[PDB]
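This file shows Lipase 2 complexed with penfluridol.
First the proteins, then the strands, lettered A, B, ... as listed; each starts at 1. The analysis underlying the following values was restricted to heavy atoms, covering all of them including side chains, and did not include hydrogens, waters or symmetry mates. One-based numbering, in listed order, for ligands and for the atoms of each.
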There are 2 protein chains.
Amino acid sequence: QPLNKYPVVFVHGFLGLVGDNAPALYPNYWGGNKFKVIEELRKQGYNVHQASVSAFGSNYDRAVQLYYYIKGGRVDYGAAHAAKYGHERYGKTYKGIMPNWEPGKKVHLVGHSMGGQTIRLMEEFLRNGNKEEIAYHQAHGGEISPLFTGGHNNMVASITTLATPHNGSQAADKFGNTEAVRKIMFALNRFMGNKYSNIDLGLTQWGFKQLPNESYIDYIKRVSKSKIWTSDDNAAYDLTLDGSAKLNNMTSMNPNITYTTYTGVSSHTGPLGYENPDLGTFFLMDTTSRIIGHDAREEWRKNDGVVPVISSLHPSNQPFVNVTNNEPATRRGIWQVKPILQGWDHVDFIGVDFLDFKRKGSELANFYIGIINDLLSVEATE
Amino acid sequence: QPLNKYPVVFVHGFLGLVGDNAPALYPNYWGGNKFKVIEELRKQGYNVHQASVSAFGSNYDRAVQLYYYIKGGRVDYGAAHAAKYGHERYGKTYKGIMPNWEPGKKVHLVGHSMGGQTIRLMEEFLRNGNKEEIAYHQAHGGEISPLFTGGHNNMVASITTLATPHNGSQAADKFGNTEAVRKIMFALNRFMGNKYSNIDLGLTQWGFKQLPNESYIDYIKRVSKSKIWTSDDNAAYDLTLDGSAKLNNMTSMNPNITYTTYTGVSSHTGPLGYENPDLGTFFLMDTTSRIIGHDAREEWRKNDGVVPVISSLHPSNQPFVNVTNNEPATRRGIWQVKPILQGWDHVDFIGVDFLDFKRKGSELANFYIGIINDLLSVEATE
Ligand SMILES: OC1(c2ccc(Cl)c(C(F)(F)F)c2)CCN(CCCC(c2ccc(F)cc2)c2ccc(F)cc2)CC1
Ligand SMILES: OC1(c2ccc(Cl)c(C(F)(F)F)c2)CCN(CCCC(c2ccc(F)cc2)c2ccc(F)cc2)CC1
Ligand SMILES: CCCCCCCCCCC(=O)O
Ligand SMILES: CCCCCCCCCCC(=O)O
Ligand SMILES: CCCCCCCC(=O)O
Ligand SMILES: CCCCCCCC(=O)O
Ligand SMILES: CCCCCCCC(=O)O
Ligand SMILES: CCCCCCC(=O)O
Ligand SMILES: CCCCCC(=O)O
Ligand SMILES: CCCCCC(=O)O
Ligand SMILES: [Ca+2]
Ligand SMILES: [Ca+2]
Ligand SMILES: [Cl-]
Ligand SMILES: [Cl-]
Ligand SMILES: [Cl-]
Ligand SMILES: [Cl-]
Ligand SMILES: [Zn+2]
Ligand SMILES: [Zn+2]
């Protein structure tokens, strides 16, 4: 019935809120008003979905959530993970977009920004499991999530990433992951865990959910004891250069998966060889673009607002091949890096820059239809 | 003590809120963060002031308020005016920036946008009075505001306008002054008349101030009978082509006043000869710029976001002379039209476009120093 035999799952990045988990007035993550990715692709008869996973959590936490988003069930972050980092083992429970998901029934994964990292880690778990969980269930017994077992292959057809910081970003290193702004992010999460809140910012496993009969002062006190304040099991850490490198060092190429990347630049070279944001860079990335663009290492300067070009092309120590925009992108086992999109900033990929008239809806529709056609190709060359 | 002999009064336009009358978080009208016109000019030893007058009111109402802002005392809109339009005769009372203002003690007036119209009308009243008020106090006796008497000359040295819609704007005609959006404006003013409100949006003379012991429902009921809902004694009407024409038809050149105008362009000609806003046009003017730029009459298309160039150069029926940037702007009695600032939109003149990095503080400082210099010149060529 659907033109695509494998469902496509779109996976948002850091700070991403989608569907019913957004504020009353909020941009629509996948396409803004420029091209309503989910609705429009569906009207054209494609089977597509937008995952909802932790906005502020680690790639680990998100990757677990992604699995349960697709498969359905109670999120299980793993007993060893929970014990090591100091957060609940069990999380939200998901209906499941594909309850029969198993070897043989594949899914296409496309990720924006951090979503690309999240996708890689989930596949890692499927294929290779999680060593610390395997080891913990070996020593202490009990039940272990199948997600952490390994040996589950032939479940993801493609991994396609848009402006993903495969190699991290200095914006995290020098801003996002600093003490003062982590405190802000966590305070936000605390607040939005209050008992009148309808949005889940993705750190409730750390205890940021006020109980219905608990005072806010008692909430604050309970939650000041959480390890979140000092942990590295969070998005801000994972987007640093170190944090991303760690994911790179523990991931590996699946020879059956079609891997493809897209990258945007929205900076321009200035007097001294530093990079500054283009007029038309969504203004919220003004400061981060300048931090990146003024890097000591020259090859780390060009950026889409928050992720350097080097970081988005491909994970740095994984195999890649520079590809053309016209040629079929059909190679398995290798990062097919599409040609840099000139003038696209980080958020132009998802169409929410309503300030930028150069980036039009028809363009964005072509981009997404572009990706679907590549995915159709992958299906046809099996 | 002050380098300028005559105080300079800056007069904000439509929707302008200044000083103690702005919300908690709000751009500073005169210079934004780019150049703090009042503070900086003062530091350089100039005597300058920012008037506070009705943000939503007619040019008439604002013009009266301007007078009392400068002179001090209880705003008197005039008995005939009040009776004809159906609003209170008396308004707020002002401390007075210049209590001794009289023929011989002059003041420089610079107006942004509608502020330019307001300034013209005030001077008209000083010089020629108000015929309706003269006639009404003739017939019915009582006291009459000196503002409406006429014969007060030699009180304003200069009238300088920035992006003033002397000939009105289609944005008013086809948006601002339509039924539905006038209702929205008036509802806003109603709401901000509530008993907890600390901002005056300028229509309280129409009854939009909830009494301390009145219910909101009774407030709504009382105020639904106001003529404001159907009146032309409001800003939206006055910024229309007709509305501005009427001011033009009742104003005339004072041969002792130095008149000077500035105009911005922030549109570009498209495929078919229509004008579209430049990237860099403050986004809130996106829709108005397109309305203006798609006008049938070609010469009405080029615009700064909300004011067409034809409208800002000079009142259409008054004398003008195209001037150069270097030409001392020292002629009395004629509209000295300064050369168009390319890429300045309506709000770049006041520096509140924080999105536009092309328009820097040092540029805006030069523009304002420029104006002061011209004013110093006027003083010295007496
Ligand atoms: O700062 C960001 C970032 C990204 C990656 C890294 Cl690595 C880092 C970090 F930490 F390293 F610095 C930071 C996160 C989000 N930023 C602003 C959010 C945009 C927002 C939006 C977009 C899509 C939506 F569905 C909803 C809202 C929005 C707001 C208002 C609006 F008028 C339009 C759009 C942009 C980038
Ligand atoms: O709509 C405007 C208009 C002007 C003339 C005519 Cl003729 C017409 C009409 F009739 F056609 F409708 C309309 C009035 C104000 N508009 C937007 C408000 C700007 C705002 C601002 C400006 C100055 C301040 F001191 C403080 C805030 C602001 C908001 C948020 C922000 F991040 C920065 C600035 C722009 C033009
Ligand atoms: C007549 C009482 C209701 C007014 C409508 C809403 C005003 C908000 C209350 C302001 C405040 O308590 O700070
Ligand atoms: C503040 C007076 C002019 C605003 C009219 C345009 C605002 C509605 C369009 C939506 C948006 O601002 O992104
Ligand atoms: C991040 C902004 C959240 C939207 C706040 C306004 C909601 C409303 O007035 O209904
Ligand atoms: C269309 C009316 C303006 C308010 C909604 C836009 C704010 C947002 O981008 O979330
Ligand atoms: C709406 C209130 C948000 C709380 C801000 C606290 C920030 C901090 O403690 O660093
Ligand atoms: C019009 C915008 C003003 C919002 C101010 C809210 C606040 O004080 O936090
Ligand atoms: C630019 C919009 C004006 C809102 C001012 C107020 O709500 O008091
Ligand atoms: C937070 C970004 C600006 C809000 C968009 C608007 O005022 O229409
Ligand atoms: Ca952009
Ligand atoms: Ca501008
Ligand atoms: Cl939020
Ligand atoms: Cl499974
Ligand atoms: Cl929640
Ligand atoms: Cl009030
Ligand atoms: Zn975790
Ligand atoms: Zn009036």
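One finds penfluridol in this model at ligands 1 and 2.
In this entry, the other chains with a heavy atom less than 4.0 Å from penfluridol (ligand 1) are A. Heavy-atom contacts of penfluridol (ligand 1) within 4.0 Å involve A:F14, A:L15, A:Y26, A:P27, A:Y29, A:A171, A:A172, A:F175, A:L239, A:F282, A:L284, A:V306, A:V352, A:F354. If you check which protein heavy atom lies closest to atom 22 (C) of penfluridol (ligand 1), you get A:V352 CG2, 3.7 Å. By the deposit information, the source of chain A is Staphylococcus aureus. For atom 14 (C) of penfluridol (ligand 1), the nearest protein heavy atom (residue, atom name, distance) is A:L15 CD2, 4.0 Å. For atom 24 (C) of penfluridol (ligand 1), the nearest non-hydrogen atom of the protein is A:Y29 CD1, 3.8 Å. In this structure, atom 11 (F) of penfluridol (ligand 1) lies nearest to the protein heavy atom A:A172 N, 3.4 Å. Considering only non-hydrogen protein atoms, atom 26 (C) of penfluridol (ligand 1) sits nearest to A:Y26 CE2, 3.1 Å.
In this structure, the protein non-hydrogen atom closest to atom 17 (C) of penfluridol (ligand 1) is A:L284 CD1, 3.7 Å. Of the protein's non-hydrogen atoms, the one nearest atom 4 (C) of penfluridol (ligand 1) is A:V306 CG2, 3.8 Å. Near penfluridol (ligand 1) (under 4.0 Å), the structure shows the other ligands and ions ligand 6 (octanoic acid (caprylic acid)), ligand 10 (hexanoic acid). Not a single protein heavy atom sits closer than 4.0 Å to atom 2 (C) of penfluridol (ligand 1).
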